[PDB]
Every structure is written in structure tokens, then in C-alpha cells.
Undergrad: 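What follows is a single structure, and I will ask about it in a moment.
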Amino acid sequence: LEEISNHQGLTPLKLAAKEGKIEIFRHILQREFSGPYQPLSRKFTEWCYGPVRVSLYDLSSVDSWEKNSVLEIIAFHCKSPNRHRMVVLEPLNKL
Amino acid sequence: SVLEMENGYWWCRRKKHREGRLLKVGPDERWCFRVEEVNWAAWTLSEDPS
Amino acid sequence: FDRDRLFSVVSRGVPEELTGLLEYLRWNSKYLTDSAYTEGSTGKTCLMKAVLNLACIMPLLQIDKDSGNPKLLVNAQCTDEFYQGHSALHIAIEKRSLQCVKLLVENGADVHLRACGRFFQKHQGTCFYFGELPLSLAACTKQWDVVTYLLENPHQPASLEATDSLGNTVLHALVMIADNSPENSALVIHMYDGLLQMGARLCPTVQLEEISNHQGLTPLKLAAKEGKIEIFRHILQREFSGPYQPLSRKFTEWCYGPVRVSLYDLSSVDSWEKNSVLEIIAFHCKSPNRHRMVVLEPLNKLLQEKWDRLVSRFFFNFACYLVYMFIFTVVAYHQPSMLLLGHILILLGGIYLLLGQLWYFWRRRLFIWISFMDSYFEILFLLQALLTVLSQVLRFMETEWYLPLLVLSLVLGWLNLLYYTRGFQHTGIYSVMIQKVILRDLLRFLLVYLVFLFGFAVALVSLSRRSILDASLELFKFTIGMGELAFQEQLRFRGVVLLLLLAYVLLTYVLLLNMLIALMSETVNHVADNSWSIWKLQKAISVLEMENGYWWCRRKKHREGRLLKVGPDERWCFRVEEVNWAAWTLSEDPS
Ligand SMILES: C=C(C)[C@@H]1CCC(C)=C[C@H]1c1c(O)cc(CCCCC)cc1O
Ligand SMILES: C=C(C)[C@@H]1CCC(C)=C[C@H]1c1c(O)cc(CCCCC)cc1O
């Protein structure tokens, strides 16, 4: 479902970035589920050794390697006033 | 700035290297990004730390 | 019977799927600890994988008994440099499986194995440091049951005084994992207190707190150096009940109604002994929250009497420098009878400050590097003393260039007088993080202003065509409020020069005002400290150096406190009096 694009060629994740909907954008970007819905998640844990925990965020449409990525959409194709609050998200801030 | 700068100069376009590592979540392979966090209150895909 | 097959069976956890494996080892004369059956990349063995995929453990250890294995796999060690030293016992403790720990320990597992891998070091990247021993792992993971079992098991008790590769003990490990977080502070404080109580029961003749690592720091000293204020405060202000009374550091001398007097133990805190907590906090600590360390209840009071007892010496130093600077000014003003005496004092005064300042840098060199802003005035005094002596040297070795250096030393000598202003309140804003930020921007603003000043001056010269020096000076007069605005009618591009000059006026007003607005935001987004933590830190640094005495006359240090038998044990305690109207002793009567 997430790879379906509308007439503008934007996925639901990409559409949230362009329209400035930070609330749904953060939830989609940092999403995890249980065993039955494990392949439906975007955040995964690689290993956990006590307090130290490592997470793996899916850079499907986020990384700027592919054209019309989330980073390009947020920085240049977004007109919402709260553009700065988009990049401070946990996977975007680190990447 | 970094998004424009990574595109390269006009006289020499630079190839863009994908950031991340291809991991089989499980199959399905996704280019994930490694982020490390420390939590002292809460008490996995791989088997051993790396 | 195969390496791939053996690891697959242990993951499932069904011992019935592994039959005849022991017979296979006898046939091939191979052991489970051999490199053939290990993972090879990191030395991981079958037992290690079994604990990771948490019954098969007992038969797997049982079949080790049949084969003539000289080396026990229960004490196997990883071989990869990244993850070296990690054993199966470490897995059970990490997985929070008390039953697995009991099963492993009962079968001869060693409790003193060292996990000296790169992952277990205090790296700047991915790492986790819990000492280097299994006992430290349980302490840092909120496992009191595992700690209790590892301390009171008849099979192989774990010693509390065991040290890691750096000499860190169990108490040291709790210090290095502190992060001043509310969740982490409760973790370290609760376990540190519990281990001390268990330590008295297990080893009463061994004092845990006096054990020092390879750097020679006690756990109390280590907390001060590493900047862990949360555990530092708890250790410094510690009291217990009757059974653990000798294990406390804070005691009550007498209580008469609301008036209560407390006695804090100055064991490693008072500066009488070398490498004390006060010396460590002020000079050997690089943590940003150094000011919050001295405002603690025993440290805040103790540093006050040292300042009060030595305040006269501080003003005597101020008076001596003030008189010396007055002598310097008079001699310089009339440098071109008693003037011969004046030059002798200038040479003697410069050589006196130089030798005294050279002692300070000899005793300590890392302090200036780690914290430039803490002792930046030490550098300034060095330049003033060195230049003053050098300037008089050029007077004897006549080169006619001693005057510019003497004049430069005069203005800088008065600037060094601002150092003594730290002995008063002076209001302002007291912060070290802000001051570095403000200083950095002002220097950047000066560079931005100069290039704009230089850029416009060249533009003015070429368009009007003295040189750049006169034109740049004319533009700089605009800041001092002395600029020249006139329509020079004998210029071809008179309008362009006039418009360009007006552009500079509007440009420099924005630049100066922007810095004021930028400097205003720092003041607004600043929370004043009612205890004046920054000011107290500066006073604490000065008194510690001042009490050491001058270079020409070292002064004996008198210990601060009174020797009292707590009960026996005698500790040099510090008297602190407090008044409480809500709560309703060692001595018998008030005194
Ligand atoms: C307290 C602060 C933040 C003041 C407030 C505004 C002013 C003019 C500058 C700041 C400031 C420094 O940021 C640093 C120093 C001394 C540090 C070394 C200077 C060579 C003094 C100093 O007044
Ligand atoms: C402060 C300001 C805004 C003044 C205003 C006049 C001009 C342009 C110079 C500026 C300036 C620095 O931009 C920087 C310094 C030294 C940096 C540290 C000062 C404690 C002095 C100094 O006069």
C-alpha cells in the first residue's frame, strides 16, 4: 500500500512531508510492530546488550540516493512554516 | 546546503553513493540506517553485538 | 555430529535431536572447545549459542564430562579482538536469567573471567563498559538476585575486590556508568549502597572505598574526576542505621530541638593530603558541570572557612600588585635620582612574577590545555612578566626599541588587575558555556567587521581615485561616531562615492545592532544561579593555589577539622550546623 503514488507521484510518506503534516510523518517514519506484523515495520532492533540498544531505520524513500526523496521534498518542495521541525526527527537528524 | 552540494558542480557531476547497509530483515532486503541509543529504564534481528 | 548441525540443534533447545554427538567426539578424538567446532570468526562456541537462544544446556555440559576434554568449555573465551573475553556466564547475566546463572555456576563456571574485548572498553563509539568482570555486569544491570547469588554461593564466590584491566573494582564500575540521569542515578546509588552493606557482611576487614585503580583514584575520587555529580553527592553525604553506622560518612553530634549539628567525614576531601577531591574537582576535572560540584553541603561550607582564613592574603596580593603597577606607571611616565631605584623594582618585580608564574605552569600543564577559560589569566601574567623583564633587557642591550614593549607591558599590566575582580560579586552573568560562546562570536564579529572595513576602504580608494590606511581609518571613525559625510563636488563619481558611504553607514549599524541583539538573547535565555556556582568555583581555584604558598616560601598546610572517635575509628570530621523545624546522636550534650 505504501508504494502507491497519486497523480503527483508521491507516496503517502512523501505526501506527508510535502504537505507539512509532521504528526503522521513522524509516526510513519518511526514505526514498529509485533511478530505477526514484523515485515510491516520501518524501525528494527539489530541487537540489545543491556542498556545499549541499536536501531535500524528503513531508508526506503528517505535517503537522497533516489530522485524525489523525502529529504529533497522537505527541504525544497515543502512550503509549510514548520519545515525546521521535520529534520530534527530521530532518523533524519542522525542521517 | 548538503543536498545541493552532494549533487556536485556543474562542470563535474559527482556520483551519489547510497547511505546505509543492505540487511535481510526477514526474504525482504532493506537499506537500513544504524542508530545507537542508550536506555537505563527499559529492561532483536541479529544474534551478537557488532 | 557436524559443526553446522550442532549449532542448529542448540538453537531449538531440544536435547533429543542431538544423539550420538558424544560418541562422535570420541571417534574423532576432538573436543567441543576445538577451533573446528567454534564459529572461527569470533571463537563463539556451542554453549554460547545455547545461552543466547534460551534446557539443552545441562546435557551439553554433561557430555563434556564423558569426553576427555582438558579445557572446560564453560570457561571458553572469545577470540575476536572486538568481542574478546566474553563468556557464556556473561550471556546468562546479560539475559537476566537467574536460573541459567545458577545452572552455569554450579557446573564449575569461573566467576573471574575478564571481558577485555574492544567492545567492553570505554570507547567513543559503540561500546559498553561494566568493569571487566561478571560481578560488575550484574551490578550495572539491576540484578540484586544475581549479585546475591554470586556473592553467597558455596561453589565459587566472587570477590568484591577483583579489578578490571584498569584496576577498576565493582564500585569503580558503578561510577563509570553514571550519567546523571534520574533513571541512571537511582540505578547507581541503590546498587552502590547495597554492595557496601553486603561488603561489610562478606569482607569486614577489607575497606572497599580505599581501593584505587591504576590511576590511583578511589571510587569517591573517580566520581569527582569523571563529573558524575549524582553518585558523588550520595557518597559525600551518606548515613546509615546502627548496624551500618561505621559505614557512614555523615554523623550527628548532638540535637537540641530544631538545632542540629552534622559531622561530615573529610577522609579524601580536605586538601591537606595530596590528590584530594578539592584538587581533583577544580583542576583534574574536565566536565562542564564543575561549578555544581562545589555547591554541595559539605564542600560549600568547607571552602568558606578556607576563603575566610585566607582572604587577607588575597587582598595582600591585590595590594602588592596594585602598588607595583603604580610604581610601573610612574617610572614609565618619567622614563626619559629615585628613578634609578624604580628601574630596579621593575626588573625585580618582573623577574619575581616570572619565576612565580613559571612554578604554576611547572606544577600543572594539562589544566591550561583542558580548560583555557578557567586559568586564562595565568597566561596573561606570564606575558606581562616575561615582557617586562625582556623590556629592561633591551634597555641594557640598547636597541632603542624597548619603549614600545614597555608601553605595551604597561597597558597589559593594568588588564591583569581585572583578575582580582573575581573576589567580589560584580553581578553580571556567571557562566562558562555562555562566556566561551560570547567570546567566540565577538572575535568572529571583529573579523567580519575588519574585512568589511577593509573591503569598503579599497572600494572607496579606487572609486575616488592616503592609500588604504587613511581611507580605512576614516571609515572606522564612523563607529566612534566621528565619520565624515560630505558631497565632494570635485569627484567624477561623487554620487556613487556618497551613496557607497551611505551604504556603509546603514550596513555597520545593522552589524553593531545585530551583535547587541545576539548578545541580548543570551542574557534572556540564561537562568541565574542563586548559589553563584561559577563564582564559587573561581574562588575555590584561587584558594587552593594560594594556600600552597609562594615559590620563595612554602607554607605548611594545617588540616581542617577535628579528630573525633565515631565508634575505635577516628575520623577528621567537619562541623556543620543546620536548623530544621519539621523533623522531630554521637555526643551527649550540645557544644
Ligand atoms: C560574561 C559574559 C558572557 C560577558 C558578557 C558580554 C561581554 C562584553 C563579553 C562576555 C565575556 C566573555 O565571553 C569572556 C570574557 C573573558 C573571557 C576571556 C576574554 C579574553 C569576558 C566577557 O565579558
Ligand atoms: C563588541 C563589539 C560589538 C565591538 C564594537 C566595535 C567593533 C566593530 C569591534 C567590536 C569588537 C569585537 O567584535 C570583538 C572584540 C574582542 C572580542 C572579545 C571581546 C571581549 C572587541 C570589539 O571591540
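Numbers restart at 1 for each chain; the letters A, B, ... are given by sequence-line order, proteins then strands. All heavy atoms count here, side chains included; hydrogens, waters and symmetry mates do not. What you see here is only part of the deposit, and the contact count is restricted to that part. Counting starts at 1 for both ligands and their atoms, in listed order. Going by what the header records, the deposited coordinates were determined by electron microscopy, 3.3 Å.
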Undergrad: Can you identify the drug or drug candidate present at ligand 2?
TA: cannabidiol
Undergrad: I'm curious which other chains are hanging around cannabidiol (ligand 2) with a heavy atom under 4.0 Å away - can you tell me?
TA: C
Undergrad: Which organism does the entry credit as the source of chain C?
TA: Rattus norvegicus
Undergrad: Report, by UniProt's N-terminal numbering, the transmembrane segments of chain C that come under 4.0 Å from cannabidiol (ligand 2) by a heavy atom.
TA: 5, 6
Undergrad: Which residues, given by chain and number, touch cannabidiol (ligand 2) within 4.0 Å on a heavy-atom basis?
TA: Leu439(C), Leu442(C), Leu443(C), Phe445(C), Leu446(C), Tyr449(C), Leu512(C), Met515(C)
